[PDB]
**Student:** 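So I pulled up a structure with fosmidomycin in it.
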Amino acid sequence: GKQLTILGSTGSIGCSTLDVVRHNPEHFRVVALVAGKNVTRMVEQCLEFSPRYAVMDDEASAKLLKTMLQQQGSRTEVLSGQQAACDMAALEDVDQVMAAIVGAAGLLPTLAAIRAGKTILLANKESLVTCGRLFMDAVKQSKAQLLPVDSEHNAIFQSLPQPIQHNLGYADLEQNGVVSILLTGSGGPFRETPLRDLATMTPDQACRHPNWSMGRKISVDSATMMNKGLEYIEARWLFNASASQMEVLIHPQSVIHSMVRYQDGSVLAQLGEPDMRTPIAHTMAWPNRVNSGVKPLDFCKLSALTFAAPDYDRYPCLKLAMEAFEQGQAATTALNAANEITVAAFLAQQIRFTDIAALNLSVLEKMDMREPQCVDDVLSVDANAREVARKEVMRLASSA
Amino acid sequence: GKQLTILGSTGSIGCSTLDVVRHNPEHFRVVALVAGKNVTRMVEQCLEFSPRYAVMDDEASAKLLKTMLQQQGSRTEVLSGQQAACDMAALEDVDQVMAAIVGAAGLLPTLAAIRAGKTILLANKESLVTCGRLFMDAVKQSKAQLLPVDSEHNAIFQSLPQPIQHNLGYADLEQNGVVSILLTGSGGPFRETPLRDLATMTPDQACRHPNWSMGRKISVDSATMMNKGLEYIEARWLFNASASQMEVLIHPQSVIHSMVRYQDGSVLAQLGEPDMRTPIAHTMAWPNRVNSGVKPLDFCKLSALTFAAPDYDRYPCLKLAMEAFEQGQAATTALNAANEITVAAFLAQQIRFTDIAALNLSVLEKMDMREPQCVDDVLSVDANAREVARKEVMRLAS
Ligand SMILES: NC(=O)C1=CN([C@@H]2O[C@H](COP(=O)(O)OP(=O)(O)OC[C@H]3O[C@@H](n4cnc5c(N)ncnc54)[C@H](OP(=O)(O)O)[C@@H]3O)[C@@H](O)[C@H]2O)C=CC1
Ligand SMILES: NC(=O)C1=CN([C@@H]2O[C@H](COP(=O)(O)OP(=O)(O)OC[C@H]3O[C@@H](n4cnc5c(N)ncnc54)[C@H](OP(=O)(O)O)[C@@H]3O)[C@@H](O)[C@H]2O)C=CC1
Ligand SMILES: O=CN(O)CCCP(=O)(O)O
Ligand SMILES: O=CN(O)CCCP(=O)(O)O
Ligand SMILES: [Mg+2]
Ligand SMILES: [Mg+2]
């Protein structure tokens with residue numbers, strides 16, 4: 001029975017990983033659940049999995065759950081604050097920690113797990129996008145095992161040889177016969193759209209997606225391919241890949257989740273349904289397998305699988321992400337931050353769809369790059385890029 | 001560097017194997033080459049790879065090869081005969097044996113390599129199709145390492161977990177998270193041909209294929225999908241898979257070479273160009289990799305990838321192979337033997353394309369022999385199946 005702490009349990013990934021536990025009760029034991037304010041969900045999960053501890057980052061939210069679970073006859077101890085969240089990730093008896101908390105938060109909670117040398121089911125982008133170098137140095141030193149939950153990175157992991165999986169980010173690709181990592185993406189809803197028309201696309205149009213049913217922020221990132229840009233930054237740190245060892249491909253049907261090109265010409269790939277329980281269950285059971293409740297892929301009910309090379313004129317955000325990587329963590333962190341601001345501004349109809357790539361670029365052009373030396377430095381670059389971006393949005397919505 | 005013995009060196013697989021070592025001279029050393037009658041090719045291979053021994057099946061070929069090499073100043077020791085071929089497969093110093101001798105001829109040499117506990121680069125169908133249980137038991141005994149060279153079996157191997165790769169054939173699939181083995185095939189040239197027209201298809205039409213570079217016999221097997229039927233039989237033995245754990249899928253483009261379905265829903269697959277150097281190099285380097293000379297698969301220059309379920313009314317040989325497996329090695333051995341006869345008959349225009357499956361079935365219905373218990377027993381079933389097949393062909397042509 002693997003002991004696990006779930007960081008961000010009430011979210012989509014959180015509830016999904018919990019469903020995998022349901023399907024395999026004798027395989028996993030929930031030791032701790034961590035969340036933000038969604039007391040309701042927390043209550044249900046605690047009542048179902050009898051966690052030893054439960055924490056909410058919000059003091060108030062924590063008080064309600066504190067008593068709500070008291071009366072419910074629950075014997076789970078309720079705590080609160082980041083400090084507590086971080087302790088849950090470092091519990092002596094916990095084997096794995098699902099790091100599903102997003103944004104700047106979750107950075108310290110995930111780092112806490114890495115420093116405790118635990119197995120980390122990496123389900124957040126912030127870690128590698130903003131602290132790529134710092135986190136990979138920490139995992140190497142603390143000997144923690146990273147197991148990527150993100151569909152693409154997970155497909156890549158499953159398609160890699162054992163020696164790289166066990167020394168992720170440290171092992172050399174070439175020495176292990178890998179020539180490159182093939183990062184795949186759908187290309188979004190504007191894959192065919194004339195370039196001239198991108199500037200007038202609306203939020204509803206941008207958030208139009210077939211495959212995965214993600215939120216609006218991620219749907220837009222998929223339309224600009226900033227999402228793939230961020231996964232590119234992540235992949236290089238995670239798999240120890242140079243620019244020439246990375247290949248980005250458009251695969252509209254999203255059946256293949258990503259692949260790995262080898263020395264003898266072999267290309268290994270992972271295919272599946274657009275259901276996160278698969279990659280989640282894979283990381284949870286690794287190196288073994290477990291039922292995830294996901295229905296088997298029916299090859300007789302598929303659209304023809306196609307591929308294409310992305311055009312940077314169409315996806316400038318993709319190229320921006322690639323360039324930001326060469327500039328360091330300050331750059332990628334700033335790009336990520338600006339993008340959060342611009343996508344939100346676009347969604348609020350304050351700027352055009354094409355203003356996202358334009359403002360993201362402009363923010364990076366004005367930032368004073370100073371490579372962070374710890375997460376606190378990273379957080380400062382984030383806050384600073386976030387402010388620079390808000391002003392560009394206001395400057396654009398006002399007069400400029 | 002690894003020392004190898006190449007069984008069937010002058011053939012297609014053998015030449016592809018030698019190209020792989022040619023690309024990695026410091027990784028492999030050719031210690032012994034074995035062939036049949038192509039003295040010409042054997043001489044050039046001996047001259048380039050400096051093997052310790054060179055073995056020809058035919059004694060006359062051996063003698064001719066011997067005079068060729070001396071005239072060229074080569075000191076390669078020349079031998080001849082089956083026993084000699086077996087000795088090459090068991091040399092104490094050799095690490096790997098590329099089992100590429102086709103047909104009944106490859107049986108003893110391959111078994112000799114297995115008995116010697118060598119790492120076997122299995123590139124012949126005769127072995128598992130006719131001596132499935134016998135050979136798989138032989139492997140567990142000597143604890144020899146099997147590495148499938150067949151494109152599909154190789155693709156499946158690469159998409160399997162390590163505990164199965166080692167312990168190939170005896171490890172449990174469910175235990176290791178495997179739901180099923182997805183065996184893919186192109187469906188051949190008559191994939192969309194009206195069923196009514198199949199009876200009139202010509203050897204030339206049947207042998208068309210933008211696919212791989214195969215002989216006419218294998219070409220025909222791809223149009224009847226008897227090839228896939230044979231791979232179904234092998235895969236069952238090789239991966240310790242039951243009927244429910246096997247899925248056969250038509251994939252016209254042949255970019256995906258086969259796949260493996262897992263419990264969490266993941267499906268792992270191997271893709272690549274239609275070049276045997278890739279899987280051969282995979283087996284030779286396992287668990288590492290080496291350049292094979294195969295160009296990288298360009299995803300931007302591909303036809304859309306499609307899949308379909310095999311229609312048995314169109315591919316009766318495929319259903320026939322599946323049913324024969326249930327019966328035993330006598331049935332699979334007989335089916336394989338009969339098919340060689342009927343396909344040759346079709347190529348010589350003695351029978352029609354659709355008669356291949358009809359006569360294959362007829363032979364299995366007439367025989368009903370007993371479960372063989374050694375190589376001589378299967379060789380006997382093969383012999384009998386062939387004569388029954390020849391009589392079927394003859395009474396049909398008259
Ligand atoms: N969704 C997907 O399929 C995938 C997502 N990812 C990455 O996973 C992440 C977001 O995933 P998604 O998880 O599904 O989420 P939401 O569905 O966004 O879940 C966020 C969770 O973390 C908790 N949370 C937020 N802030 C804090 C904080 N300060 N302290 C503690 N808990 C906090 C909140 O719970 P509460 O609601 O109670 O506030 C909530 O459970 C990002 O890192 C994303 O880029 C990667 C691959 C696939
Ligand atoms: N081609 C492919 O991509 C694949 C083929 N296979 C399997 O590979 C096999 C045959 O392959 P292919 O190799 O290309 O062949 P040919 O190109 O048919 O090679 C046959 C070889 O073995 C030698 N040979 C024949 N009879 C004997 C004998 N009695 N003793 C010693 N050597 C003998 C003959 O050489 P010589 O010509 O000198 O007589 C020749 O080198 C079959 O077992 C087939 O089903 C499996 C997967 C992929
Ligand atoms: O983990 C899932 N994704 O990244 C999918 C979201 C957009 P894409 O299909 O273009 O990669
Ligand atoms: O090892 C390779 N093959 O079997 C490919 C031959 C073409 P087919 O799969 O359609 O029979
Ligand atoms: Mg993703
Ligand atoms: Mg084959």
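Chain letters run A, B, ... following the sequence lines, proteins first and then strands; every chain starts at 1. Note that ligands are numbered from 1 as they come in the structure, with each ligand's atoms numbered from 1 the same way. Computed from heavy atoms alone, side chains included, the values below leave out hydrogens, waters and symmetry copies.
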**Student:** Enumerate the ligands or chains that make up fosmidomycin.
**Tutor:**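 All copies together: ligands 3 and 4.
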**Student:** So I'm looking at this entry - what's holding onto fosmidomycin (ligand 4) the most? Name it the way it appears in UniProt, please.
**Tutor:**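 Main binding partner here: 1-deoxy-D-xylulose 5-phosphate reductoisomerase.
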**Student:** Which other chains are heavy-atom neighbours of fosmidomycin (ligand 4) at a cut-off of 4.0 Å?
**Tutor:**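 Within the heavy-atom cut-off of 4.0 Å: B.
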**Student:** I'd like to check which fosmidomycin (ligand 4) atoms, numbered from 1 as shown, lie under 4.0 Å from a non-hydrogen atom of B:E152.
**Tutor:**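 Selected atoms, number and element: 1 (O), 2 (C), 3 (N), 4 (O), 5 (C), 9 (O).
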**Student:** According to the entry, what is the source organism of chain B?
**Tutor:**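 The organism in the entry is Escherichia coli str. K12 substr..
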**Student:** For atom 10 (O) of fosmidomycin (ligand 4), what's the nearest protein heavy atom and its distance?
**Tutor:**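 Ranked first by proximity to atom 10 (O) of fosmidomycin (ligand 4) is B:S186 OG, 2.5 Å.
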**Student:** Where is the nearest protein heavy atom to atom 9 (O) of fosmidomycin (ligand 4): which residue, which atom, and how far?
**Tutor:**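 For atom 9 (O) of fosmidomycin (ligand 4), the nearest protein heavy atom comes out as B:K228 NZ, 2.9 Å.
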**Student:** Give me the residue, atom name and distance of the protein heavy atom closest to atom 8 (P) of fosmidomycin (ligand 4).
**Tutor:**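 The answer is B:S222 OG, 3.6 Å.
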**Student:** Can you tell me if B:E231 has a non-hydrogen atom under 4.0 Å from fosmidomycin (ligand 4)?
**Tutor:**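 It does, in that a heavy atom of B:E231 comes within the 4.0 Å cut-off of fosmidomycin (ligand 4).
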**Student:** Using heavy atoms and a threshold below 4.0 Å, how should the contact between B:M214 and fosmidomycin (ligand 4) be classified: side chain, backbone, both, or neither?
**Tutor:**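 It is the side chain that gets close, since no backbone atom is under 4.0 Å.
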**Student:** Which atoms of fosmidomycin (ligand 4) have any heavy atom of B:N227 under 4.0 Å away?
**Tutor:**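 The list of qualifying atoms is 4 (O), 11 (O).
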**Student:** Of the residues in chain B that UniProt says bind Mn(2+), which have any non-hydrogen atom under 4.0 Å from fosmidomycin (ligand 4)?
**Tutor:**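 In chain B, UniProt binders with a non-hydrogen atom that close: B:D150, B:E152, B:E231.
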**Student:** State the binding site of fosmidomycin (ligand 4) (non-hydrogen atoms, cut-off 4.0 Å).
**Tutor:**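 Heavy atoms under 4.0 Å: B:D150, B:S151, B:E152, B:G185, B:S186, B:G187, B:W212, B:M214, B:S222, B:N227, B:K228, B:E231.
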